[PDB]
Amino acid sequence: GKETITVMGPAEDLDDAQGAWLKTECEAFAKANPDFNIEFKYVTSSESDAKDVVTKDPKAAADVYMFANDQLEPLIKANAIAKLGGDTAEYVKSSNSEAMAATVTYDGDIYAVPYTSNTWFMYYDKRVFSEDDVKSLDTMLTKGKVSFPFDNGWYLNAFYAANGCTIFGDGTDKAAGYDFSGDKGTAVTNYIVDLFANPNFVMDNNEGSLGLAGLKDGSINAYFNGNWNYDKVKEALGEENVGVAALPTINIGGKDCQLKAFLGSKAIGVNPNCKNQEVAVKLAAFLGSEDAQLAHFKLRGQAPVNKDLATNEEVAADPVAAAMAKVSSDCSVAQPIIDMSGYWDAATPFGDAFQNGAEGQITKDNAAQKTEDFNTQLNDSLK
Ligand SMILES: C[C@H]1O[C@H](O[C@H]2[C@H](O)[C@@H](O)[C@@H](O[C@H]3[C@H](O)[C@@H](O)[C@@H](O)O[C@@H]3CO)O[C@@H]2CO)[C@H](O)[C@@H](O)[C@@H]1N[C@H]1C=C(CO)[C@@H](O)[C@H](O)[C@H]1O
């Protein structure tokens with residue numbers, strides 16, 4: 001009489017054509033734990049959507065699930081994610097950097113097992129740009145076609161952070177609120193208005209299918225996205241043409257400013273409603289184990305977060321793992337775990353309003369107004 005454990009992860013981890021990592025590792029877990037009498041059912045969902053799927057009704061949701069760490073506070077407030085202790089918590093602390101362990105730590109307790117770092121970087125066509133070119137977005141625009149997903153808040157902030165705008169201070173001070181106000185914010189809005197008015201700029205869509213299609217077309221030669229699309233980018237450009245870089249500078253009023261991505265993690269969480277917590281917690285530990293992370297790298301090129309795999313020669317040589325590490329050290333801010341719901345929501349219509357012909361289009365003439373409107377909406381969402 002097998003007990004069913006329901007596990008949720010993205011399509012790519014359930015796709016046989018990509019080695020179905022999640023199924024493969026669940027089966028390995030079962031083989032390693034003969035004392036458990038279990039079978040698996042799988043629910044396909046992007047880590048980006050996990051909060052929405054689970055918090056709607058945690059008791060109806062999967063027992064074990066893969067999510068993005070910025071979702072942690074909403075999951076906790078929904079009683080949708082179990083605190084982890086014991087060997088599992090110890091592994092999260094011992095096998096990760098301090099910042100990666102912090103991605104899943106709330107009020108001093110560990111709530112999930114990281115399996116990869118979570119950030120974004122630049123894919124580009126080596127036929128169009130040199131290594132030197134891609135150090136500057138402005139240089140890039142003179143040589144070829146550049147895209148950016150401006151209606152996706154996870155990407156938008158990099159431009160505002162570049163000029164000293166802040167979210168919760170350093171990211172950990174709720175009392176600091178949002179600060180996108182003033183000339184520092186308007187200067188960034190003006191830069192983005194100019195970008196949209198640049199005929200070598202093409203807005204990417206929210207989840208980046210437009211950019212991917214553009215790379216294949218040649219209509220887009222630079223794509224800001226992540227590790228999950230590595231194989232598709234290789235398909236679009238041809239692997240000898242794929243360049244991978246950390247983030248460029250943008251020139252605001254004569255000053256080179258560094259774009260800064262969010263850096264968080266993707267992790268495995270346990271549903272408190274799972275009827276076998278022993279199995280669920282051990283499975284989460286297994287899915288984030290060293291062996292499992294190495295398999296994620298070999299089966300579909302996903303970069304490990306486990307610091308012991310950093311010295312694996314194949315990992316260290318991987319262009320995406322290397323870019324992600326450079327974004328971590330040089331081009332990022334730590335992903336807040338203070339809930340950013342109001343920002344994720346406001347970011348999308350704000351980004352969309354830059355488009356030529358948009359309702360309430362952001363322009364040079366109204367940039368300051370629109371910037372304050374945005375700052376005001378962000379802070380209102382905290383009241
Ligand atoms: C807006 C959204 O931003 C963040 O989501 C990003 C993920 O963290 C990234 O990992 C990446 O997701 C990819 C998966 O890693 C990958 O395995 C595959 O499934 O494709 C995903 C991309 O399609 O990119 C995501 C951004 O595109 C953040 O983690 C996430 O929580 C944010 N979602 C909020 C935003 C809205 C609408 O504004 C709400 O509906 C959500 O409930 C919020 O959580």
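Numbers for residues simply follow the sequence, beginning at 1. Heavy-atom basis, side chains included; hydrogens, waters and symmetry copies ignored. Both ligands and their constituent atoms are indexed starting at 1 by order of listing.
Going through darapladib, carbomycin A, acarbose, grazoprevir, eravacycline, the drug at ligand 1 turns out to be acarbose. Contact analysis gives the chain with most pairs under 4.5 Å to acarbose (ligand 1) as the one the PDB entry calls Carbohydrate ABC transporter substrate-binding protein, CUT1 family (TC 3.A.1.1.-). With a non-hydrogen cut-off of 4.0 Å, the residues around acarbose (ligand 1) amount to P10, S46, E47, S48, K51, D52, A68, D70, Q71, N118, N152, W154, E207, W228, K266, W344, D345. Nearest non-hydrogen protein atom to atom 8 (O) of acarbose (ligand 1) is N118 ND2, 2.7 Å. Closest to atom 43 (C) of acarbose (ligand 1) among all protein heavy atoms lies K51 CE, 3.7 Å. The shortest contact between atom 12 (O) of acarbose (ligand 1) and any protein heavy atom is with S48 CB, 3.9 Å.
Scanning all protein heavy atoms for the shortest distance to atom 17 (O) of acarbose (ligand 1) gives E47 OE1, 2.6 Å.
Between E12 and acarbose (ligand 1), a contact under 3.5 Å exists for no N or O pair. Looking from atom 20 (O) of acarbose (ligand 1) to the surrounding protein, the closest heavy atom is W228 CD1, 3.7 Å. Checked by distance only, acarbose (ligand 1) and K266 come closer than 3.5 Å through their nitrogen or oxygen atoms. Protein heavy atom at the shortest distance from atom 27 (O) of acarbose (ligand 1) is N152 ND2, 3.0 Å.
Closest protein heavy atom to atom 31 (O) of acarbose (ligand 1): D70 OD2, 2.7 Å. Here the heavy atom of the protein found nearest to atom 37 (C) of acarbose (ligand 1) is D345 OD1, 4.0 Å. Taking any N or O of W344, backbone or side chain, at least one lies under 3.5 Å from an N or O belonging to acarbose (ligand 1). For a threshold of 3.5 Å applied to N or O pairs, the pair formed by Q71 and acarbose (ligand 1) contains at least one separation below that value. Of all atoms in acarbose (ligand 1), listed by their number and element, those nearer than 4.0 Å to a heavy atom of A68 are 8 (O), 29 (O). Within 4.0 Å of atom 2 (C) of acarbose (ligand 1), not a single protein heavy atom is present. For a threshold of 3.5 Å applied to N or O pairs, the pair formed by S46 and acarbose (ligand 1) contains at least one separation below that value.
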